[PDB]
Student: 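Complex under discussion: bekanamycin bound to Aminoglycoside 6-N-acetyltransferase type Ib11.
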Amino acid sequence: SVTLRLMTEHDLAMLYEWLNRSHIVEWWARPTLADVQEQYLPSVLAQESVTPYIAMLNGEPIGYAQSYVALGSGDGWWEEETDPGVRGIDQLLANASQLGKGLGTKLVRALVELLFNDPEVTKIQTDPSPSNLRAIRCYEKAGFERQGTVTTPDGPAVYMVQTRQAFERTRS
Ligand SMILES: CC(C)(COP(=O)(O)OP(=O)(O)OC[C@H]1O[C@@H](n2cnc3c(N)ncnc32)[C@H](O)[C@@H]1OP(=O)(O)O)[C@@H](O)C(=O)NCCC(=O)NCCS
Ligand SMILES: NC[C@H]1O[C@H](O[C@H]2[C@H](O)[C@@H](O[C@H]3O[C@H](CO)[C@@H](O)[C@H](N)[C@H]3O)[C@H](N)C[C@@H]2N)[C@H](N)[C@@H](O)[C@@H]1O
């Protein structure tokens with residue numbers, strides 16, 4: 001069972017290592033330690049309405065995740081959003097030897113549950129790139145539905161949603 005804790009300043013050097021592992025680099029640019037400290041400091045992320053978490057498994061950190069207020073995004077992101085209740089997610093697994101063993105699906109399921117525990121939250125979104133079939137499949141298994149293609153400042157994305165109603169019906 002995978003759980004989530006908030007990321008702290010103390011996790012930044014570990015995150016920096018992960019973001020230079022080649023299984024991560026291919027989908028996530030190759031940040032220096034200072035890049036990571038400037039960009040992923042929780043109080044800096046806070047300014048773009050981003051919350052970082054660390055995924056835990058048997059007491060060990062196994063990945064990184066982010067939630068964000070879509071409406072709170074700016075610089076070209078989700079310009080058409082009108083609903084303050086929408087959240088987006090992103091995530092990664094730290095260890096290549098743990099890829100494709102269902103852990104990503106548990107991580108996403110844990111992150112979806114936490115977010116719907118914000119009573120103001122209406123819907124979760126994700127935006128994997130079209131090439132990223134493994135991320136798209138993992139999200140599907142976690143209850144996300146493919147809507148269609150959207151343009152983002154990083155490029156096209158397969159836009160996927162899970163509503164609160166859908167979550168209510170499947171959680172049992
Ligand atoms: C995305 C990520 C979190 C998913 O976690 P994961 O543990 O690998 O995914 P899961 O094991 O839970 O399931 C993934 C599914 O993708 C499928 N799959 C793997 N590679 C695939 C491919 N190239 N094409 C189609 N399906 C693929 C698997 O079959 C599996 O589903 P299954 O149970 O039906 O067999 C993880 O792979 C990761 O950190 N990747 C690197 C960075 C990244 O892509 N982050 C996401 C950015 S949107
Ligand atoms: N899925 C994996 C992807 O995760 C991140 O992409 C995220 C952005 O982080 C997030 O943007 C937020 O953080 C930015 C700072 O980076 C701010 O500009 C922005 N205002 C703020 O809303 C978008 N809303 C959603 C997008 N999927 C990585 N960057 C990218 O490399 C990787 O492929």
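Positions are given from 1, in the same order as the sequence printed here. Any value given below was found using the heavy atoms of this structure, including those in side chains, with hydrogens, waters and symmetry copies removed. In listed order, ligands and their atoms are each counted from 1.
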Student: What is the full set of ligands or chains that belong to bekanamycin?
Tutor: ligand 2
Student: Taking non-hydrogen atoms only, is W77 closer than 4.0 angstrom to bekanamycin (ligand 2) via side chain, backbone, both or neither?
Tutor: side chain
Student: What is the nearest protein non-hydrogen atom to atom 12 (C) of bekanamycin (ligand 2), stated with its residue, atom name and distance?
Tutor: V50 CG2, 3.8 Å
Student: How does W78 reach bekanamycin (ligand 2), if at all, at less than 4.0 Å between non-hydrogen atoms: by side chain, backbone, both, or neither?
Tutor: side chain
Student: With a heavy-atom distance limit of 4.0 Å, tell me whether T126 approaches bekanamycin (ligand 2) through its side chain, its backbone, both, or neither.
Tutor: neither
Student: With a 4.0 Å cut-off on heavy atoms, is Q66 in contact with bekanamycin (ligand 2)?
Tutor: yes
Student: Is any heavy atom of the protein nearer than 4.0 Å to atom 31 (O) of bekanamycin (ligand 2)?
Tutor: yes
Student: When you measure from atom 28 (C) of bekanamycin (ligand 2) to every protein heavy atom, which one gives the shortest distance, and what is it?
Tutor: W28 NE1, 3.9 Å
Student: Would you mind running through bekanamycin (ligand 2) and noting each atom that sits below 4.0 Å from a heavy atom of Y68?
Tutor: 24 (N), 25 (C)
Student: Atoms of bekanamycin (ligand 2) less than 4.0 Å from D90 heavy atoms?
Tutor: 1 (N), 2 (C), 3 (C), 4 (O), 7 (C), 25 (C), 26 (C), 27 (N)
Student: I want to know if bekanamycin (ligand 2) touches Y40 in the polar sense, i.e. an N/O pair below 3.5 angstrom.
Tutor: no
Student: Among all the protein's non-hydrogen atoms, which is closest to atom 22 (O) of bekanamycin (ligand 2), and how far away is it?
Tutor: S73 OG, 3.0 Å
Student: Report the other ligands and ions found less than 4.0 Å from bekanamycin (ligand 2).
Tutor: ligand 1 (coenzyme A)
Student: Nearest protein heavy-atom contact for atom 33 (O) of bekanamycin (ligand 2): which residue, which atom, what distance?
Tutor: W27 O, 2.9 Å
Student: Please check atom 14 (C) of bekanamycin (ligand 2) for a protein heavy-atom neighbour under 4.0 Å.
Tutor: no
Student: What do you think, any protein heavy atom under 4.0 angstrom from atom 9 (O) of bekanamycin (ligand 2)?
Tutor: yes
Student: For chain A, what organism does the entry report?
Tutor: Salmonella typhimurium
Student: Can you list the bekanamycin (ligand 2) atoms lying under 4.0 Å from a non-hydrogen atom of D75?
Tutor: 18 (O), 20 (N)
Student: For atom 26 (C) of bekanamycin (ligand 2), which protein heavy atom lies nearest, and how many Å away is it?
Tutor: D127 OD2, 3.5 Å
Student: Which residues from the surrounding chains have any heavy atom less than 4.0 Å away from bekanamycin (ligand 2)?
Tutor: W27, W28, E48, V50, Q66, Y68, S73, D75, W77, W78, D90, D127
Student: Identify all pairs of nitrogen or oxygen atoms, one from bekanamycin (ligand 2) and one from the protein, separated by less than 3.5 Å, and list them with distances.
Tutor:
residue                : atom   : partner : partner atom : Å
bekanamycin (ligand 2) : 1 (N)  : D90     : OD1          : 2.7
bekanamycin (ligand 2) : 4 (O)  : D90     : OD1          : 3.4
bekanamycin (ligand 2) : 18 (O) : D75     : OD2          : 3.2
bekanamycin (ligand 2) : 20 (N) : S73     : O            : 2.4
bekanamycin (ligand 2) : 22 (O) : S73     : OG           : 3.0
bekanamycin (ligand 2) : 24 (N) : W78     : NE1          : 3.0
bekanamycin (ligand 2) : 27 (N) : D90     : OD1          : 2.7
bekanamycin (ligand 2) : 27 (N) : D127    : OD1          : 2.7
bekanamycin (ligand 2) : 27 (N) : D127    : OD2          : 2.9
bekanamycin (ligand 2) : 33 (O) : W27     : O            : 2.9

